[PDB]
Participant: 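Hi! I'm looking at a structure that contains darunavir and have some questions.
Sequence lines set the chain letters: A, B, ... in the order given, protein chains first and strands last, and positions in each chain run from 1. Atoms within each ligand, like the ligands themselves, are counted from 1 in listed order. What you see below is based on every heavy atom in this structure, not just the backbone, and it leaves out hydrogens, waters and symmetry mates.
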Number of protein chains: 2
Amino acid sequence: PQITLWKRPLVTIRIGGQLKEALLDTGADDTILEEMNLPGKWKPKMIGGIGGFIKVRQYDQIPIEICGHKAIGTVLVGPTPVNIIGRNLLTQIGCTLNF
Amino acid sequence: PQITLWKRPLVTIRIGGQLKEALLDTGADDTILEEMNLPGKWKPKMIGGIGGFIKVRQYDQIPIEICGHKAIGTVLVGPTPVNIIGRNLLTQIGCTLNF
Ligand SMILES: CC(C)CN(C[C@@H](O)[C@H](Cc1ccccc1)NC(=O)O[C@H]1CO[C@H]2OCC[C@H]21)S(=O)(=O)c1ccc(N)cc1
């Protein structure tokens with residue numbers, strides 16, 4: 001689709017058969033989701049945002065369907081104010097900015 | 001133009017004859033720029049993201065030129081590591097997300 005920006009670009013994602021609302025976030029290098037259980041090995045990582053650094057769990061090769069577009073990539077799980085889809089997955093589903 | 005998300009979507013902005021590099025950020029409600037001394041009235045605000053909150057100054061009706069496109073609106077100024085063009089001005093320059 002084409003998505004305008006008068007509203008937050010919130011979209012439904014499917015991950016592990018669960019549906020969640022997430023923010024398409026071009027300012028985010030990485031995809032970070034609120035606390036949840038994902039399977040497989042994870043690695044402790046730290047990441048910085050506007051307010052400082054947080055600790056996250058990094059899961060690799062996780063499938064997520066974003067608006068019915070399939071991605072498979074790195075998902076961080078941690079204390080984010082909202083689920084965010086970052087450029088690592090935005091690129092896989094072919095997302096660009098246009099003006 | 002069309003901006004891919006392989007790299008950070010940094011573009012040149014102009015604010016009162018200072019040129020700066022800024023993120024076109026669909027995950028940011030409002031534009032926030034690095035510490036700088038804008039003229040006129042402002043109000044204190046806290047904005048929250050990854051890692052917590054920072055204190056900022058909200059200036060209203062500030063003209064910014066973004067890649068040659070004219071915008072005028074709310075500009076928050078505070079201790080951000082990156083300059084961020086948020087949805088409040090992205091809409092004015094005609095910026096959409098597409099996939
Ligand atoms: C987390 C979002 C809901 C909101 N953030 C915008 C977001 O695009 C920031 C924008 C951003 C970008 C760089 C540095 C700080 C903030 N990105 C971010 O935190 O991304 C993190 C995940 O991937 C990593 O890559 C960038 C930092 C990491 S925000 O910067 O905190 C923010 C919040 C409110 C406003 N008005 C403006 C900006």
Participant: What does the PDB entry call the chain that holds darunavir (ligand 1) with the greatest number of close contacts?
Facilitator: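 The largest share of contacts goes to aspartyl protease.
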Participant: Quick one: what other chains come closer than 4.0 Å to darunavir (ligand 1), going by heavy atoms?
Facilitator: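 Heavy atoms that close belong to A, B.
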Participant: Okay, next thing: residues with a heavy atom within 4.0 Å of darunavir (ligand 1) - which are they?
Facilitator: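 Sure - by heavy atoms, that gives A:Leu23, A:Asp25, A:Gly27, A:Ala28, A:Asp29, A:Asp30, A:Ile32, A:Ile47, A:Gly48, A:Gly49, A:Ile50, A:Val82, B:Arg8, B:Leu23, B:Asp25, B:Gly27, B:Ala28, B:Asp29, B:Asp30, B:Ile32, B:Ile47, B:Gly48, B:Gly49, B:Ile50, B:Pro81, B:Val82, B:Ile84.
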Participant: Which darunavir (ligand 1) atoms, with their elements, are less than 4.0 angstrom from a heavy-atom of B:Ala28?
Facilitator: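 So the answer, numbered in order with elements, is 37 (C), 38 (C).
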Participant: To the nearest 0.1 Å, how far is atom 28 (C) of darunavir (ligand 1) from its closest protein heavy atom, and which atom is that?
Facilitator: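 The closest one turns out to be A:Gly48 O, 3.3 Å.
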Participant: Under 4.0 Å from a heavy atom of B:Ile84: give me the atoms of darunavir (ligand 1) that qualify, with their elements.
Facilitator: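 Near B:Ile84, the atoms of darunavir (ligand 1) are 10 (C), 30 (O).
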Participant: Identify the closest protein heavy atom to atom 24 (C) of darunavir (ligand 1): which residue and atom is it, and at what distance?
Facilitator: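 Nearest protein contact, heavy atoms only, for atom 24 (C) of darunavir (ligand 1) is A:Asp29 N, 3.5 Å.
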Participant: Which residue and non-hydrogen atom of the protein lie closest to atom 14 (C) of darunavir (ligand 1), and at what distance in Å?
Facilitator: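 That would be B:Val82 CG2, 3.7 Å.
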Participant: What protein heavy atom is closest to atom 10 (C) of darunavir (ligand 1), reported as residue, atom name and distance in Å?
Facilitator: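 Of the protein heavy atoms, B:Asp25 OD2, 3.4 Å lies nearest.
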Participant: Which organism does the PDB annotate as the origin of chain A?
Facilitator: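 The PDB lists Human immunodeficiency virus 1.
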Participant: Please list the nearest protein heavy atom to atom 34 (C) of darunavir (ligand 1) with its residue and the distance rounded to 0.1 Å.
Facilitator: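 Protein heavy atom with the smallest distance to atom 34 (C) of darunavir (ligand 1): B:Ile47 CD1, 4.1 Å.
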Participant: What does the deposited model list as the covalent connection for darunavir (ligand 1): residue and atom, or none?
Facilitator: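 In this entry no covalent bond is modeled.
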Participant: Considering only non-hydrogen protein atoms, determine which one is nearest to atom 35 (C) of darunavir (ligand 1) and report residue, atom name and distance to 0.1 Å.
Facilitator: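 Residue, atom and distance for the closest contact: B:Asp30 O, 3.7 Å.
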Participant: Atoms of darunavir (ligand 1) less than 4.0 Å from B:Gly49 heavy atoms?
Facilitator: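 Selected atoms, number and element: 31 (O).
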Participant: Looking only at protein heavy atoms, which one is nearest to atom 21 (C) of darunavir (ligand 1), and how far off is it?
Facilitator: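 Going by distance alone, atom 21 (C) of darunavir (ligand 1) is nearest to B:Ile50 CD1, 3.7 Å.
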Participant: At what distance is the nearest protein heavy atom to atom 4 (C) of darunavir (ligand 1), and which residue and atom is it?
Facilitator: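 For atom 4 (C) of darunavir (ligand 1), the nearest protein heavy atom comes out as B:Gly27 O, 3.5 Å.
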Participant: Do any nitrogen or oxygen atoms of darunavir (ligand 1) lie under 3.5 Å from a protein nitrogen or oxygen, and which ones?
Facilitator:
from, atom 1, to, atom 2, distance (Å)
darunavir (ligand 1), 8 (O), A:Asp25, OD1, 2.5
darunavir (ligand 1), 8 (O), A:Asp25, OD2, 3.3
darunavir (ligand 1), 8 (O), B:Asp25, OD1, 2.9
darunavir (ligand 1), 8 (O), B:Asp25, OD2, 2.5
darunavir (ligand 1), 17 (N), A:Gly27, O, 3.2
darunavir (ligand 1), 23 (O), A:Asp29, N, 3.1
darunavir (ligand 1), 23 (O), A:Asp30, N, 3.0
darunavir (ligand 1), 25 (O), A:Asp29, N, 2.9
darunavir (ligand 1), 25 (O), A:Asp29, OD2, 3.3
darunavir (ligand 1), 36 (N), B:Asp30, N, 3.3
darunavir (ligand 1), 36 (N), B:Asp30, O, 3.0

